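Structure of interest - contains mupirocin.
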Amino acid sequence: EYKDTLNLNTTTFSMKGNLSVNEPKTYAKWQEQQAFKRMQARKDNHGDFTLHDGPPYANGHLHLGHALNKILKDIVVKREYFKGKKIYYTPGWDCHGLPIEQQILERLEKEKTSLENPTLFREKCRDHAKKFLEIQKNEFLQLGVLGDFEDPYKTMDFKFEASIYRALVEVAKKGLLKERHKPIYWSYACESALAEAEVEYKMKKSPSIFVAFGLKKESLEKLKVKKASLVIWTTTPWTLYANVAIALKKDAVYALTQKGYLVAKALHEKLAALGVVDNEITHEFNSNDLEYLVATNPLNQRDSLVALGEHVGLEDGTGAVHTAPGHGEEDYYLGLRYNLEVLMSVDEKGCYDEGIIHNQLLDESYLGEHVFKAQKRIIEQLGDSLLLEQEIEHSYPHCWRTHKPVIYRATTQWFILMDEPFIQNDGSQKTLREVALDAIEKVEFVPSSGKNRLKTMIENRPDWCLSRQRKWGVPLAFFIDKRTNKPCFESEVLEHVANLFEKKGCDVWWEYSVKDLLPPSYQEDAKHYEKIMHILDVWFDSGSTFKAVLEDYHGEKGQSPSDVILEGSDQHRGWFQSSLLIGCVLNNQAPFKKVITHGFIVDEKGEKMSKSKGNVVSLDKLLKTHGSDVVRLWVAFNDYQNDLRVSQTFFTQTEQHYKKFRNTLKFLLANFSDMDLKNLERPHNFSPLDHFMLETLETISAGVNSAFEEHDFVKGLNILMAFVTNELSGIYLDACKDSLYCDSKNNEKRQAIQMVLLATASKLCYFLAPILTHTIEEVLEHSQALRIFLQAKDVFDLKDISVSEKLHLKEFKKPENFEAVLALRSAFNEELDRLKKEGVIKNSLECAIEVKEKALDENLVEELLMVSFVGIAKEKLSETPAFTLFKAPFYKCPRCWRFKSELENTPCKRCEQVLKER
Ligand SMILES: C/C(=C\C(=O)OCCCCCCCCC(=O)O)C[C@@H]1OC[C@H](C[C@@H]2O[C@H]2[C@@H](C)[C@H](C)O)[C@@H](O)[C@H]1O
Ligand SMILES: [Zn+2]
């Protein structure tokens, strides 16, 4: 009957987020009003923070991994902004390379067409990247992320292409860029060399054969046996044509069987059990005595030299290794060590060429045949020399963009050398491997385990092949002097080319003549120079972003080294490594101080998302289903260092966390909305319960901040949520509802409660603003009191506030100790539950309690236990060692529902006064 006489305590801040409607309006506003530039221009910026963006490929729409990545970057950046620092965060895009060029190739072929003109082909590639750079930029902004998205970096900008080339120039001037001729990864489907980061290892079925190479007559006479054939094991019959040698383990015993097969003795038992060779050994020979004997290749009748390899393994195979220098790296060095032929008759498309006829290595019927299609017919040609064929499965290197298996071909390519000493900037002498290992020890990794992942790769990596045979990318734009057959690294030549690139882009490398590309002083000798037309590994491009973005803009986009880079843990094999290596040539240090990694988006069963599996969840679908602030809370509230599973159950839990945060903020705003703002300019007398809350607010704030400092948003959101749920909602807001709703608006106890709620809302806003930025922006939009209190027009004016100073607290005020009264509260609530089960009582306000520890504040007990009366009464309900509960000897007040009225249906003394209010 008196509900209309209570304090309204409502706010326009709504319970329902309606995120699908309101978030795009918030983000459109931040773009229109240039919130990021306003963040950078903030007048009281103190300190600097550079996060250097790793560039996604400008191909396709964003997937959930991009969203994960940019949200985490956004939280880290916003944290530093709200700490008061000046922010540098320029997002960028990877525009070159097969990731763009392959999509153009697949379209041309689907359209049944070709495009041979180099300038036009690069134009199609460039326009494709421009289209999807726009698409990804606006998709990034729909996640609520703030960065220099209107002035991002692009590896396709002419200045950027000049920067990438100038980095290459520094490598070449330091003596680390050299030509090598050796077998390397060859992708026949795109007719290009590859390096490790462009290769994906996948299980693949393969023939597996054991082949007998008979010793030649004179070798049998030297060995003093009638029959002997070395048995090799190989999974690549397509390289048998290129055999020049059979490599044995140094100083090892080889067993000759009765049928005349020669194998490593340590492997004879296994081989006989496989049925490869017979079981009876007749003679044992040391491999040192077999070296320089000669066998015969059964496929083509050619000589094969018996050699000793370095580190021949005896765990698989036969202990005798078919050695093909044109198709294996260790084979190649063995062939050179013995001055043997390098047979390599497989062309760029992976097919046998005329060289099989010229040297008589393989029958003419194989001309033009792809090496992988030829293998079945090769195996049949082996006849009786084939001792056993099996089919096995092994992890095999595949091209990262055509998805086809690679092969190896001896070829001349350009490398960054790992174990080549070079002159350091401080004058000393060190290899790149040594510098990179030193540099890693100075980088902070989050998690720490990332260090040894990257360190192990550096310890084991080979020389870095740089040259690729595609068209879309930055050329290795050096001339070869025909008079010397060596590259021209003259500073005048290199910088002249770099300047042309900066002004017109690398197109001119294909269009201009040699004379036109040479300085005026060299054009009389243009006849002696020839362009290198290979382009750079795209991992060199992105490995150069630190130079093109941080250094070449002299701090305007961040410092080099950056404070933080943040990408998936798959970038130890990619961007972390290439940036580390180039940083170490140019600066002899890593171009980052700290690396934070995250895992991958996976499905509900932790499995990888793929179109073949039909388990891909699109970014659009997820945002539309849940809203970006929920997707952002999902990220921060979960162990993002590992894989994150998408499932209804986990998003339901996050929506429940978001609702609790949002409902709590609504209650706070609603219950200080009527507070006279003059309270903000005067101190108050806070109760012990108020002090307990402010002292608690401080304690958990320190813990949320320490957790967020170490990027452990889970630990920090759990602290924050536990405070919201337990101390705030469960204790304080329950004890306070009566005063808030039923006391006079002039009541100073109520005004002191509102000040605590205002300080609490202020801390919630500060700590959630990096994560739920839209929502905290919406909180300030709906609360004039919060905006005045925090002196904030919008979310970007937020600062960490001193509650002690804003509420005028005395410094040496001793903290509350509520342990004794909270144990009583817990024991009373356990006893009250039992009485409620029995039906004796319905709620705590129906009770009186006499506490047996008389040293406790009686009004605090009434407040925390929500009893209507502290002391003795007449009707005993139950008793414990700690207290005795009674029925409260009053009527329920019709206005406040507390059992404090002396007459039935009559307002209590407090309520009567409030109702008389003049
Ligand atoms: C979290 C990741 C993947 C994921 O989890 O993605 C899974 C997305 C879910 C659905 C899959 C989409 C289609 C599935 C299918 O059909 O196959 C890994 C991270 O990604 C973002 C960033 C990509 C930038 O380019 C990298 C730069 C730095 C370097 C120079 O290249 C980077 O941070 C990366 O490390
Ligand atoms: Zn009352």
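We number chain A the way the PDB entry does; in order, the residues shown are 3-920. One-based numbering, in listed order, for ligands and for the atoms of each. Basis for what follows: all heavy atoms, side chains included, without hydrogens, waters or symmetry-related copies.
- The location of mupirocin, copies and all, is ligand 1.
- The main partner of mupirocin in this structure, judged by heavy-atom pairs under 4.5 Å and named as in the PDB entry, is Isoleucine--tRNA ligase.
- Contact annotation: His600 has at least one heavy atom less than 4.0 Å from an atom of mupirocin.
- Counting the atoms of mupirocin from 1 in the order shown, those under 4.0 Å from a heavy atom of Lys613 are 15 (C), 16 (O), 17 (O).
- Where the criterion is an N or O separation shorter than 3.5 Å, residue side chain and backbone included, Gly570 meets it with respect to mupirocin.
- For mupirocin, the atoms lying closer than 4.0 Å to a non-hydrogen atom of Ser544 are 30 (C).
- The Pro58 neighbourhood of mupirocin comprises atoms 24 (C), 25 (O), with distances under 4.0 Å to a heavy atom of that residue.
- At under 3.5 Å, not a single nitrogen or oxygen of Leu70, backbone or side chain, sits near a nitrogen or oxygen of mupirocin.
- Checking only distances, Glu569 does come within under 3.5 Å of mupirocin, N or O to N or O.
- The option from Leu74, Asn71, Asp572, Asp55 that lies nearest to atom 34 (C) of mupirocin, judged by heavy atoms, is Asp572.
- For mupirocin and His65, the ligand atoms under 4.0 Å from any heavy atom of the residue are 6 (O), 8 (C), 12 (C).
- The nearest non-hydrogen atom to atom 2 (C) of mupirocin, considering only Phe602, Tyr642, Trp577, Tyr59, comes from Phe602.
- Looking from atom 9 (C) of mupirocin to the surrounding protein, the closest heavy atom is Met611 SD, 3.6 Å.
- Numbered from 1 in the order shown, with element, the atoms of mupirocin that lie under 4.0 Å from a heavy atom of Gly601 read 1 (C).
- Neither the backbone nor the side chain of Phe578 has a heavy atom within less than 4.0 Å of mupirocin.
- Near mupirocin, within 4.0 Å on a heavy-atom basis, the structure shows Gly56, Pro57, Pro58, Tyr59, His65, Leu66, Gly67, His68, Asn71, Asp96, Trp541, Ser544, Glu569, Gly570, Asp572, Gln573, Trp577, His600, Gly601, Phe602, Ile603, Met611, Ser612, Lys613, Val618.
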